[PDB]
Each structure stands twice: as C-alpha cells, then as structure tokens.
J.: 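Hi! Got a PDB file here: ethoxzolamide bound to Carbonic anhydrase 2.
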Amino acid sequence: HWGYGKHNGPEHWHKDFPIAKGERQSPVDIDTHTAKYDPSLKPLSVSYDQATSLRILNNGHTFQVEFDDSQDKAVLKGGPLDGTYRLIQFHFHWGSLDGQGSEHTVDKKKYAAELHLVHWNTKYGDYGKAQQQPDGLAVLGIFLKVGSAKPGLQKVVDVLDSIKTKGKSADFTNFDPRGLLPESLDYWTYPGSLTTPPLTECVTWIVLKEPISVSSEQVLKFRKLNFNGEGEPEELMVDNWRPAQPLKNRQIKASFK
Ligand SMILES: CCOc1ccc2nc(S(N)(=O)=O)sc2c1
Ligand SMILES: [Zn+2]
C-alpha cells in the first residue's frame, strides 16, 4: 500500500491515515531561534549497558535492528520523560544524495540520514499497547552527516547485503547501540507522531543537537538496499523520509543554550 514513491508516498498517506493532517505530526523543522531553553529539563539518561540485540530486518520501508524488550535492559529516562521507556528497535531514514535524507531539519538544513531509536513507556506493559497512547513512545533522533566513518555503525553496514530485500532478516546479536551516539546528549524535544503510517500521535520526540559522522561508503551501502521483495523488480531503498510537517501550536524545547 503506502511507501515513498510518486504514487504511494507522503502526499498520499492521508487517504488511508487521516491523522496525517493532525495537530501533532512529525517530523518538523526545528527552528533553533524559536526553540525555548527549558532550565527545568533533565539530562537524558540513556542506559544501554545491558542491551540485547536479536535481529536485523528489512521491512520494505527501512531496516531495523530489534532488541529484547521483555525486561528492563536498555532504557531511556529523564529529559522530558516521566517514566521509563524501553528500547525495542532502531532504524534509519536516508536520501538518494548526501544533501537529503533526514526527517527532522534544523533551520531548514537536511542531513544525509536520521537514526531513530524507538522506546516504549513501560506503564503500558507492551510496545503494541504503548503505540495507542498519547505518551506511549519516546523516539531518540540522531542526525547523520557524511564525513569520517562511524566505527560503531560498521557491524550494521556489513550485514546489509544479507537483508537486501523486503522481508529478509538475519541474526544480529551483541550489537551495542552506544556506538551510534554522539559525544553530547544536548537535545530538542517536542510532542509528535510516528513519521510513517499509521502516523499515530503517540511520540515524545528527543532530537540530539550533535550529529554523528558516517562515511560516504557507509551511507552508500544503505542505498543498495531494496524496497522490493526478492524476485520483484528492483527499486533502491532511498529517500525513505517524510518531509517536515506543520508545527501548529507546538513549542520545541531545548535542553541547552
Ligand atoms: C508496530 C510498530 O509500528 C510502527 C509504525 C510506524 C513507526 N514510525 C516510527 S518513527 N519513524 O520512529 O516515527 S516507529 C514506528 C513503529
Ligand atoms: Zn523513523
């Protein structure tokens, strides 16, 4: 059904998913000159020491690395959040060229890609129930710019040939998502939505100010993935990002400046 092409891309999603035209859609442009420093926001607590990665999956829209979320292992807390949010997966959005690919923008700047670490609020007991609640999910967004390689990303890049096409998975154990973080945990935060269907308004977004650097070779390997399944016409998995949506009444808060 939905995807990222001319015929099924972001401009069409509202017909199956009317909340696409809602009041709290994501991503947004982060206007750094209107974001409000909030001295009461806490440092983020990213606690990934016990993370247990299990698998990597090409889901036809992105690839995702999934974790064991059946115990409090890898959790996000603090910052703007009230409870504890458990990591379930991360995935990326990227472009066909280094000058596009991120979902969020910063003063209209697009990055080459964006990493989303998806966490669910443990007060809701499971990820699927959390997806139905206004404060169900917290997604940590990290921009990727092209420059030096990110060594912590290479284990991911090297397995992508084994999941070229939609529906392929591979075991992916012992991956440490701490290797994908920038030095600083300074962030912006605002209330929003999933950026892909069903576009539910269930996300507290936490977008880090500092991008990570990845090499041109690393991002090129993302662009060799396919949206299609095996045996179908080849369609390169590129430009799997939703453009910025109207901010509406919302305020973006900053943890710094
Ligand atoms: C069953 C889980 O379903 C979904 C659907 C859409 C979706 N979008 C995001 S994002 N790009 O991080 O805002 S995470 C997510 C999970
Ligand atoms: Zn995403």
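Chain A is numbered as in the PDB entry; shown residues: 4-125, 127-261, in order. Each ligand, and each atom within it, is numbered from 1 in the order the structure gives. Side chains included, hydrogens not; waters and symmetry mates left out as well; all remaining heavy atoms used.
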J.: So, ethoxzolamide - where exactly in the structure, counting duplicates?
T.: ligand 1
J.: Which neighbouring residues and nucleotides define the binding site of ethoxzolamide (ligand 1) at 4.0 Å (non-hydrogen atoms)?
T.: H94, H96, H119, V121, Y131, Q135, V143, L198, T199, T200, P201, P202, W209
J.: Return the UniProt-listed Zn(2+)-binding residues of chain A that have heavy atoms within 4.0 Å of ethoxzolamide (ligand 1).
T.: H94, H96, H119
J.: Which substrate-binding residues that UniProt annotates in chain A are found with a heavy atom under 4.0 Å from ethoxzolamide (ligand 1)?
T.: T199, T200
J.: In ethoxzolamide (ligand 1), which numbered atoms sit nearer than 4.0 Å to a non-hydrogen atom of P201?
T.: 5 (C), 6 (C)
J.: Which UniProt active-site residue of chain A is nearest to ethoxzolamide (ligand 1), and how far (heavy atoms, to 1 Å)?
T.: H64, 8 Å
J.: Looking only at distances, please establish whether an N/O atom of ethoxzolamide (ligand 1) is found under 3.5 Å from an N/O atom of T199.
T.: yes
J.: What is the nearest protein non-hydrogen atom to atom 3 (O) of ethoxzolamide (ligand 1), stated with its residue, atom name and distance?
T.: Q135 OE1, 4.2 Å
J.: State the covalent attachment site of ethoxzolamide (ligand 1) as residue and atom, or none.
T.: none
J.: Would you mind checking which non-hydrogen protein atom is closest to atom 2 (C) of ethoxzolamide (ligand 1), with the distance to 0.1 Å?
T.: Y131 OH, 3.5 Å
J.: Name the closest protein heavy atom to atom 12 (O) of ethoxzolamide (ligand 1), giving the residue it belongs to and the distance to 0.1 Å.
T.: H94 CE1, 3.2 Å
J.: Would you say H96 and ethoxzolamide (ligand 1) have an N/O pair spaced under 3.5 Å apart?
T.: yes
J.: Just which atoms of ethoxzolamide (ligand 1) are under 4.0 Å from any heavy atom in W209?
T.: 13 (O)
J.: Which UniProt domain of chain A gets most of the contacts from ethoxzolamide (ligand 1)?
T.: Alpha-carbonic anhydrase
J.: Taking distance alone, with N or O pairs closer than 3.5 Å, would you say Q92 contacts ethoxzolamide (ligand 1)?
T.: no
J.: Which protein heavy atom lies closest to atom 15 (C) of ethoxzolamide (ligand 1), and at what distance to 0.1 Å?
T.: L198 CD2, 3.9 Å
J.: How close does the nearest protein non-hydrogen atom get to atom 8 (N) of ethoxzolamide (ligand 1), and which residue and atom is it?
T.: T200 OG1, 3.4 Å
J.: Note all other ligands and ions lying below 4.0 Å from ethoxzolamide (ligand 1).
T.: ligand 2 (zinc ion)
J.: Give every pair formed by an N or O atom of ethoxzolamide (ligand 1) and a protein N or O atom closer than 3.5 Å, one pair per line with both atom names and the distance to 0.1 Å, or write none.
T.:
from	atom 1	to	atom 2	distance (Å)
ethoxzolamide (ligand 1)	8 (N)	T200	OG1	3.4
ethoxzolamide (ligand 1)	11 (N)	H94	NE2	3.3
ethoxzolamide (ligand 1)	11 (N)	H96	NE2	3.3
ethoxzolamide (ligand 1)	11 (N)	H119	ND1	3.4
ethoxzolamide (ligand 1)	11 (N)	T199	OG1	2.8
ethoxzolamide (ligand 1)	12 (O)	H94	NE2	3.4
ethoxzolamide (ligand 1)	13 (O)	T199	N	2.9

